[PDB]
Chemist: 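Pulling up pritelivir bound to UL5 for a closer look.
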Amino acid sequence: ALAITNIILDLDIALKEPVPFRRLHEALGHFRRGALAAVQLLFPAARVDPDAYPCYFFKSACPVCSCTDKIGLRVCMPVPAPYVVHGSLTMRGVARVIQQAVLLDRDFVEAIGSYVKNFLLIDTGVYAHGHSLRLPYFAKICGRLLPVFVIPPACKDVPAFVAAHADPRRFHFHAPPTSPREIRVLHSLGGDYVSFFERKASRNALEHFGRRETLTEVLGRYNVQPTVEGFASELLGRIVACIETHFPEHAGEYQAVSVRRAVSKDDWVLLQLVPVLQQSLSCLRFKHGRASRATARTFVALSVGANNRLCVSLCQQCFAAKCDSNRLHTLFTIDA
Amino acid sequence: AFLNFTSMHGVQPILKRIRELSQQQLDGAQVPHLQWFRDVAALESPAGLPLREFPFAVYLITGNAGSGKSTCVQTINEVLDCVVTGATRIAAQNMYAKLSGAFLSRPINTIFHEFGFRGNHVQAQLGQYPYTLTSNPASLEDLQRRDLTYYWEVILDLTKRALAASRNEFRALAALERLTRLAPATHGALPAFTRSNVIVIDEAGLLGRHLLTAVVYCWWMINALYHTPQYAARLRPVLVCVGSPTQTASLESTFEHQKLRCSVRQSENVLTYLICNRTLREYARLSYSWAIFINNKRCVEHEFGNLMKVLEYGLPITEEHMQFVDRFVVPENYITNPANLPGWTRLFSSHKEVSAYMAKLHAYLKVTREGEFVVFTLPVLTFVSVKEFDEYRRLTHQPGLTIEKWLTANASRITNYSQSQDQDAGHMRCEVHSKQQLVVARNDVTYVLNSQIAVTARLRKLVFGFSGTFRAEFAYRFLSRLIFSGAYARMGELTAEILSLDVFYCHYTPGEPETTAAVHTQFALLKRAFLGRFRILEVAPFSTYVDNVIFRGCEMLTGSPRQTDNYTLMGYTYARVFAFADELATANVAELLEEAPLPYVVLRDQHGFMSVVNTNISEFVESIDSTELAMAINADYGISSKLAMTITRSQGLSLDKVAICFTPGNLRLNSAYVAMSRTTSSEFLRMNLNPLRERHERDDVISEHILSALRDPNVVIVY
Amino acid sequence: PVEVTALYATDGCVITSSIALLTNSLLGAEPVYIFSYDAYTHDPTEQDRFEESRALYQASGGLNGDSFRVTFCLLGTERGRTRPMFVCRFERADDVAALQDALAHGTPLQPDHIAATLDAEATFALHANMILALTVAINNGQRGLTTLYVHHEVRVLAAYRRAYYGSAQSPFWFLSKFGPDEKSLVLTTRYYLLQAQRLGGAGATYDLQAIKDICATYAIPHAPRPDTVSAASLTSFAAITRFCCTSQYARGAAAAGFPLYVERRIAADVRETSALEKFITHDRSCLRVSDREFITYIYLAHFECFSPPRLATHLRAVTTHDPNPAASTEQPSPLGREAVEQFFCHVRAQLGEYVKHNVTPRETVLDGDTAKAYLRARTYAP
DNA sequence: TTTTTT
Ligand SMILES: Cc1nc(N(C)C(=O)Cc2ccc(-c3ccccn3)cc2)sc1S(N)(=O)=O
Ligand SMILES: [Zn+2]
């Protein structure tokens with residue numbers, strides 16, 4: 001819900017053998033250079049001088065870096081003014097740009113390359129809603145993230161830079177931005193398939209294999225202008241007929257239910273099937289007790305499949321230990 | 001015609017590497033001497049066995065099933081010296097089919113036959129002695145000693161049998177002026193390892209790691225006793241291992257002789273051993289010796305191919321993949337119900353599950369009275385002996401054990417496991433007929449009538465006739481026998497030409513001649529005959545056989561008695577033939593087989609020719625006191641329905657239509673990938689649940705190794 | 001002195017008949033039938049070779065030499081695709097008259113013509129070592145061959161069938177494994193068996209299917225058959241031999257251009273493929289991308305270079321309409337240049353242009369009190 | 001759970 005103001009990257013470095021600190025600090029300077037180039041590329045109307053723009057570095061405790069598993073790093077960058085980044089996917093894209101920009105600078109790969117077993121450094125899955133990231137100045141229940149100072153080459157205030165790593169705002173995703181006239185919100189960077197490889201492969205797929213029409217267009221054939229409950233109505237009868245033949249030990253449970261539209265992806269429409277009031281729908285699989293079984297939710301999933309035919313699936317979400325808790329499972333998919 | 005192009009031009013670098021790998025001379029001291037294999041025979045236990053390096057080379061040809069790795073093997077065979085082998089008899093026959101479809105390939109046997117595996121080795125204690133590897137880093141000598149200690153009860157017997165056989169052979173010819181190239185031809189029946197150093201093992205992932213060293217070891221054996229010209233040239237074996245590393249696994253079974261608990265653990269296959277061992281990846285230099293075939297040809301679906309890519313390469317499972325595989329999920333009670341998906345092979349993850357489903361299918365096909373498959377009952381017997389189960393009970397430290405409790409688990413270990421534990425059968429009733437000093441047991445196994453069954457073991461087919469439609473030198477004789485059983489005047493106008501009221505139904509002479517010359521004399525005649533009359537006026541089966549048959553019920557009434565091939569079950573004629581009655585222990589049961597008429601089951605091949613086959617007999621010999629003795633011989637039929645099977649066995653052969661029954665909790669993504677990849681088209685695929693949506697134990701360790709191989713400049717990728 | 005390499009197959013077991021021929025025994029000797037032959041003279045440019053070969057294979061029919069040393073062979077292995085059995089000189093007028101007749105038409109060579117012309121100085125020398133090995137083995141030239149024939153027949157036949165392993169397979173086998181077309185049946189049988197290893201070159205290491213594909217793209221003009229005999233109307237070797245000998249892919253320009261065209265096609269193909277694989281290997285080695293995007297690149301690149309349409313254009317660019325190398329209609333192939341133009345040069349460039357190509361940015365501008373509003377609303381409180 | 005070699 002909130003807007004992200006700091007580029008916080010989790011660098012998980014793999015090691016072939018222990019490393020000297022000086023090599024790590026030089027590699028971090030190269031990383032600063034590459035990341036600042038990537039930032040000045042992503043945010044074109046900003047002014048990132050890559051000799052004074054402060055990047056902040058933290059290393060996990062494992063001098064001799066006694067690292068047998070990994071050099072835990074966290075890199076924090078202020079989002080340059082007047083930009084603010086919005087969206088989990090937008091920061092995912094920022095992370096991919098930074099990651100594929102740091103493995104372009106010859107200095108970084110020359111310095112740390114002989115040590116990193118896998119060149120992947122940045123994890124991009126810590127930006128989804130509800131996913132946690134270990135803050136700096138904190139440990140793990142084995143390594144308290146403590147700052148490693150890579151001073152900008154032309155930093156005009158060293159003491160400020162050092163006493164900038166201790167301010168929580170510098171390492172918080174949705175921190176207060178540190179008299180705003182204009183503000184530019186980067187809220188989308190295309191998506192997962194904007195890579196040239198992805199955009200070329202998708203285009204070749206259409207040329208060689210064929211066009212897979214989108215969900216909306218396919219649904220439009222069956223007089224649905226997204227209304228989806230309109231088709232879900234008639235679909236309920238077929239689904240109930242299927243269950244009261246193949247899954248009969250809970251038959252008289254979905255005789256009277258109302259499709260409740262819950263999730264809407266452009267290729268996945270999930271409508272909940274709550275009845276009329278709190279009588280839960282017994283989980284169709286993994287037979288449980290009287291109360292344990294009646295602790296499940298049911299959904300109907302319309303998608304596009306096969307030779308562009310609308311595929312309707314019955315899905316369940318169970319609150320028991322036997323089934324994956326709060327995970328969506330499928331039971332049957334029927335044609336429409 | 002353009003399909004072959006990439007393979008044609010990318011196999012050449014492979015060919016231009018195997019040649020130097022095979023023409024690299026070893027130093028004189030590094031060559032394993034004969035005295036080495038003499039000392040191995042002397043050694044009793046595999047503990048004092050000296051650390052001995054056996055040099056070898058490898059070249060790895062890996063890829064998805066449908067990659068085309070077979071084109072590489074084809075090009076290798078016609079250009080290079082090679083001994084083509086196979087990990088399974090089915091794979092060996094598949095390679096023979098695909099090598100004789102281009103040129104001549106000599107009969108392709110299994111690698112086990114090549115290194116001398118015989119009958120008594122089948123049930124041998126292959127995991128007994130221990131080894132604390134003086135390793136990390138593991139020297140190649142230590143790895144080879146581990147693989148020889150693993151197979152001590154096989155390596156020792158092979159060495160003893162080869163050695164104590166005596167010396168002539170090549171030793172003789174080599175001294176022509178003191179011509180070994182012409183030696184394997186003049187002196188025949190010589191082991192095929194004496195004439196080549198390039199050994200191609202196809203589907204080598206079906207072999208455990210213990211075999212790799214073993215093969216190399218055996219190679220040197222057979223080139224030392226015979227003093228082969230390759231041994232004089234100081235050449236070393238190169239093992240071209242062709243197989244899929246992420247669609248194939250090897251399993252080791254050990255039977256505890258008191259608990260009667262046969263256990264099967266997973267093992268490291270040759271491919272995984274070579275890819276994932278730092279010692280072998282350096283000695284064999286897999287970086288400069290690895291070819292990955294990358295293209296899946298039988299995939300006309302983009303999304304299905306993407307799913308195969310993510311599963312094989314270990315890529316992250318995304319929501320889109322879940323939604324795609326969501327369109328295959330059909331209920332548990334829909335797959336298991338025999339009325340649904342007719343003609344679709346059903347895979348389960350348990351042999352008990354298959355035994356349940358086949359019985360249910362038979363119940364359905366009997367109650368609903370389907371004349372398509374008239375379910376029938378056929379006897380299968382077993383023959384235990386009193387002395388065997390007396391002495392073995394004595395040696396197991398427990399002399400109290402019932403015979404039925406003996407057959408509680410050894411029924412699987414008494415014959416081919418696959419069909420033995422995947423068959424619906426009656427209780428193996430036994431009574432004590434000590435006439436030939438035996439305890440006989442007998443039950444019956446229910447099949448279905450007229451189904452595409454497959455032969456499991458090695459059977460001797462005896463073709464009796466041709467049950468094919470009118471469409472259509474000893475084969476020419478059989479065609480003459482067919483003709484021997486061979487508008488109304490207008491097609492008759494051309495029929496009178498055959499003559500030389502149907503004109504063919506006026507006068508005749510015995511259609512099949514006896515001598516070859518007379519057969520050829522009447523051959524061109526009958527060949528032109530059908531072409532002319534049939535042209536004018538083809539669905540009714542032209543049923544013609546050497547002897548009159550009457551299929552009353554299921555048993556036929558042929559009066560006169562005298563594995564890959566997809567046969568069709570027909571019926572159980574008795575018609576005792578001495579051809580199958582090659583019976584010579586074995587004679588004690590031969591007498592009873594004369595007593596009780598052994599039924600010979602009849603099968604119909606792809607062409608339609610009916611063939612009567614022999615039965616199958618298999619021994620159980622395993623013990624704990626190092627006393628391998630012939631306990632029990634199992635006489636049965638050894639046919640498989642090809643309608644239901646296990647996921648693990650599905651790895652071997654591809655299937656047309658597939659419905660997968662997945663047990664939750666036991667979900668392994670490798671099993672899901674293997675099950676889903678047996679069919680070419682994603683259209684004909686149904687599943688119990690979604691393997692991507694359920695909790696699955698993924699083991700992506702070899703996947704990253706292929707990925708790092710796809711990320712190496714010296715690895716040859718062929719598209 | 002023109003030297004001919006000839007593949008033959010008698011009516012029945014060719015091994016027994018050939019051995020009886022070598023022993024000068026009139027017991028089993030089916031007239032021999034030659035079906036494929038390569039003629040050469042000890043020596044060249046590509047057009048020099050083409051002129052020499054076009055001179056060798058007389059357009060009217062037969063060869064152009066006066067004396068002929070013919071080395072008959074069988075399908076066997078020593079990896080050589082054939083194996084010689086017996087060598088015959090042809091210097092007399094009657095000898096060459098029989099050879100021209102049997103080489104231009106296909107009429108079988110009677111046992112007399114060969115048997116009176118065995119080069120005993122070399123014929124029995126070819127298999128002399130086999131005689132010695134048989135003597136040594138059975139213990140545990142031509143008189144020796146006869147004696148070993150008498151002593152142990154089974155081992156002699158087994159040795160002459162293990163060596164020359166293929167021997168005679170079947171009349172139908174040749175029509176099966178060497179294409180259904182007459183072009184294949186003549187030209188591919190000549191090259192893959194009697195011309196590949198002798199002339200060396202890359203084609204020595206290419207398989208039968210590859211050579212048949214090369215023959216398929218060797219699309220020289222096709223004149224109709226004077227007798228309109230179809231390639232599938234052949235039953236015995238007397239039909240295959242007659243088809244091949246009176247064919248017009250056997251005694252002239254096409255028979256002279258095929259060996260050179262094999263070399264040309266392979267050279268053009270490897271020029272493009274090797275370039276494409278250099279790019280493939282380099283980009284693969286220096287990609288440094290995520291695992292999924294790596295697989296996407298490797299499959300995308302292999303498609304973008306070796307797709308069915310691109311391949312079809314390339315094979316149409318190497319198809320010939322004439323065997324004369326100086327009058328060839330083959331033209332430069334567009335495979336590698338097109339692949340580099342679209343996918344590879346662009347990927348080398350993206351190797352911060354990558355950001356410009358893959359950014360698709362959406363930055364909404366909010367100026368005024370709405371900026372202050374968006375700040376407090378979507379950022380941790382001050 | 002788990003096939004395969006004669
Ligand atoms: C438009 C297109 N068609 C493409 N073909 C022909 C293919 O993938 C063919 C294929 C498909 C699956 C596999 C496979 C096999 C085992 C495990 C994983 N995977 C291999 C090969 S690739 C593209 S692309 N790269 O442009 O989008
Ligand atoms: Zn549940």
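Just so it is clear: chains get the letters A, B, ... in the order the sequence lines come, proteins before strands, and each one is counted from 1. Only a slice of the deposited entry appears, and the contacts counted are all within that slice. Both ligands and their constituent atoms are indexed starting at 1 by order of listing. No hydrogens, no waters, no symmetry mates; every other heavy atom, side chains included, goes into these values.
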Chemist: What parts of this PDB structure belong to pritelivir?
Modeler: ligand 1
Chemist: Heavy atoms under 4.0 Å from pritelivir: which other chains do they belong to?
Modeler: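 The heavy-atom check gives A, B, C.
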Chemist: Can you pull up the source organism of chain B from the entry for me?
Modeler: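 The entry records the organism as Human alphaherpesvirus 1 strain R-15.
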Chemist: Name given in the entry to chain C?
Modeler: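 In the PDB, it's called UL52.
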